[PDB]
S.K.: 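For discussion: a PDB structure holding benzylpenicillin (bound form).
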Amino acid sequence: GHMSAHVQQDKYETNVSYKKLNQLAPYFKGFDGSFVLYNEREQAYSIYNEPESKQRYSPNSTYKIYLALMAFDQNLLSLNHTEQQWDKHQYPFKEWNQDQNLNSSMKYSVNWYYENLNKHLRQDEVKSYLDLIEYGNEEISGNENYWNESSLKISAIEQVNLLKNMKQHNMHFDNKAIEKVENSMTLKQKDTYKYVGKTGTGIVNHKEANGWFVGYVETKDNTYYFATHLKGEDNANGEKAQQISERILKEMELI
Ligand SMILES: CC1(C)S[C@H]([C@@H](C=O)NC(=O)Cc2ccccc2)N[C@H]1C(=O)O
């Protein structure tokens, strides 16, 4: 068999049409970055950096969205049962050093909460889910934490497709599971919009080398799904990805 199979698995192949967003380049100074927007009503993609929008990268903590949905679907989590007790292990982030529910664990990106979830899910069940939802390369061979700078990788465009599929009820997850998960990542809720999203950060060679912020803005007549990805030697993290996203979104007058 050919190595090329593996190279081709590292990229999402689509020839979807898109509006070019090359004027967004200044926002990504210092990074190889990408921004993907999908306008639900107009059924239209807009993209800055198409090549980077199709490169698959470890999802890191953005994977927690689907890990939670999987857990609801397996009845590991339920609508009134999202609490996990802290094992008394001291982490460098104090918010991690306490009992959690779905809301706090997503807000504070509490790794151990989601590791526990993955621990209780059958590896072959997870593989089945990743096949169903078409999660990037679907590669969980890597470690035990296959979603953290490991085997599993996904592109910005796919990140956007998955959020859209989730919201348009194209996934087989219960609507109330989706509502719980959306609430856990709801950043802002006003009369005129709901703003939802999740950061991710990956460390490679002791540096912040992989940053994500993915989510959507739901208005009174439309939904705008987005993914921002940053690749850099250092300073490529979720917070910077979110900052950039919010500048772009404000500029587009969505938030
Ligand atoms: C809050 C985090 C920095 S930790 C968590 C997870 C997921 O990506 N990332 C990591 O475990 C890698 C990491 C650990 C410590 C500092 C930076 C990245 N999520 C990060 C985020 O939301 O940006």
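We number each residue from 1, following the sequence as shown. Just the heavy atoms: all of them, side chains too, but no hydrogens, waters or symmetry mates, feed the values below. Determined via X-ray crystallography, 2.1 Å. Counting starts at 1 for both ligands and their atoms, following the listed order.
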S.K.: Quick check: main partner chain of benzylpenicillin (bound form, ligand 1), as named in UniProt?
M.R.: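 The main binding partner here is Methicillin resistance mecR1 protein.
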S.K.: Is there at least one pair of N or O atoms, one from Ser109 and one from benzylpenicillin (bound form, ligand 1), spaced under 3.5 Å apart?
M.R.: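 N/O-N/O distance below 3.5 Å exists for this pair.
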S.K.: For benzylpenicillin (bound form, ligand 1), does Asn237 get within less than 4.0 Å through its side chain, its backbone, both, or neither, judged by non-hydrogen atoms?
M.R.: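 For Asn237, no heavy atom sits under 4.0 Å from benzylpenicillin (bound form, ligand 1).
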S.K.: Closer than 4.0 Å to some heavy atom of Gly200 - which atoms of benzylpenicillin (bound form, ligand 1) meet that?
M.R.: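 Going through benzylpenicillin (bound form, ligand 1) atom by atom, the ones under 4.0 Å from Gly200 are 8 (O), 23 (O).
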S.K.: Of all the non-hydrogen atoms in the protein, which one sits nearest to atom 12 (C) of benzylpenicillin (bound form, ligand 1), and at what distance?
M.R.: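 Going by distance alone, atom 12 (C) of benzylpenicillin (bound form, ligand 1) is nearest to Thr201 O, 3.3 Å.
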S.K.: Would you say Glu208 and benzylpenicillin (bound form, ligand 1) have an N/O pair spaced under 3.5 Å apart?
M.R.: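 In fact, backbone or side chain, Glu208 has no N or O that close.
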S.K.: How does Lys198 reach benzylpenicillin (bound form, ligand 1), if at all, at less than 4.0 Å between non-hydrogen atoms: by side chain, backbone, both, or neither?
M.R.: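 The answer is the side chain of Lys198.
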S.K.: State whether the shortest distance between N or O atoms of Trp96 and N or O atoms of benzylpenicillin (bound form, ligand 1) falls below 3.5 angstrom.
M.R.: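 Among all N and O atoms of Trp96, none is under 3.5 Å from an N or O of benzylpenicillin (bound form, ligand 1).
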S.K.: Do any nitrogen or oxygen atoms of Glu239 come within less than 3.5 Å of a nitrogen or oxygen of benzylpenicillin (bound form, ligand 1)?
M.R.: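 Between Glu239 and benzylpenicillin (bound form, ligand 1), no N or O pair is found under 3.5 Å apart.
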S.K.: Is there a nitrogen or oxygen of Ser61 sitting under 3.5 Å from a nitrogen or oxygen of benzylpenicillin (bound form, ligand 1)?
M.R.: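 Yes - when backbone and side-chain N and O of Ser61 are compared with those of benzylpenicillin (bound form, ligand 1), one distance drops under 3.5 Å.
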S.K.: Tell me which part of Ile203 gets within contact of benzylpenicillin (bound form, ligand 1): side chain, backbone, both or neither, using heavy atoms under 4.0 Å.
M.R.: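 For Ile203, only side-chain atoms sit under 4.0 Å from benzylpenicillin (bound form, ligand 1).
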S.K.: Starting from atom 11 (O) of benzylpenicillin (bound form, ligand 1), which protein heavy atom do you reach first, and at what distance in Å?
M.R.: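 The closest heavy atom on the protein side is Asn111 ND2, 2.8 Å.
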S.K.: Tell me: protein heavy atom nearest atom 22 (O) of benzylpenicillin (bound form, ligand 1), and distance?
M.R.: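 Looking only at protein heavy atoms, the one closest to atom 22 (O) of benzylpenicillin (bound form, ligand 1) is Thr199 OG1, 2.5 Å.
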S.K.: Listed by chain and number, which residues of other chains have a heavy atom closer than 4.0 Å to any atom of benzylpenicillin (bound form, ligand 1)?
M.R.: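 At that heavy-atom cut-off, the site is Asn60, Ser61, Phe93, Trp96, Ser109, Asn111, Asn148, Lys198, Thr199, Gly200, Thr201, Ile203, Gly238.
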S.K.: Can you pull every nitrogen or oxygen pair between benzylpenicillin (bound form, ligand 1) and the protein closer than 3.5 angstrom?
M.R.:
from: benzylpenicillin (bound form, ligand 1); atom 1: 8 (O); to: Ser61; atom 2: N; distance (Å): 2.9
from: benzylpenicillin (bound form, ligand 1); atom 1: 8 (O); to: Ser61; atom 2: OG; distance (Å): 2.3
from: benzylpenicillin (bound form, ligand 1); atom 1: 8 (O); to: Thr201; atom 2: N; distance (Å): 2.9
from: benzylpenicillin (bound form, ligand 1); atom 1: 8 (O); to: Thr201; atom 2: O; distance (Å): 3.2
from: benzylpenicillin (bound form, ligand 1); atom 1: 9 (N); to: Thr201; atom 2: O; distance (Å): 3.1
from: benzylpenicillin (bound form, ligand 1); atom 1: 11 (O); to: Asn111; atom 2: ND2; distance (Å): 2.8
from: benzylpenicillin (bound form, ligand 1); atom 1: 19 (N); to: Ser61; atom 2: OG; distance (Å): 2.8
from: benzylpenicillin (bound form, ligand 1); atom 1: 19 (N); to: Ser109; atom 2: OG; distance (Å): 3.1
from: benzylpenicillin (bound form, ligand 1); atom 1: 22 (O); to: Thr199; atom 2: OG1; distance (Å): 2.5
from: benzylpenicillin (bound form, ligand 1); atom 1: 23 (O); to: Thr201; atom 2: OG1; distance (Å): 2.7

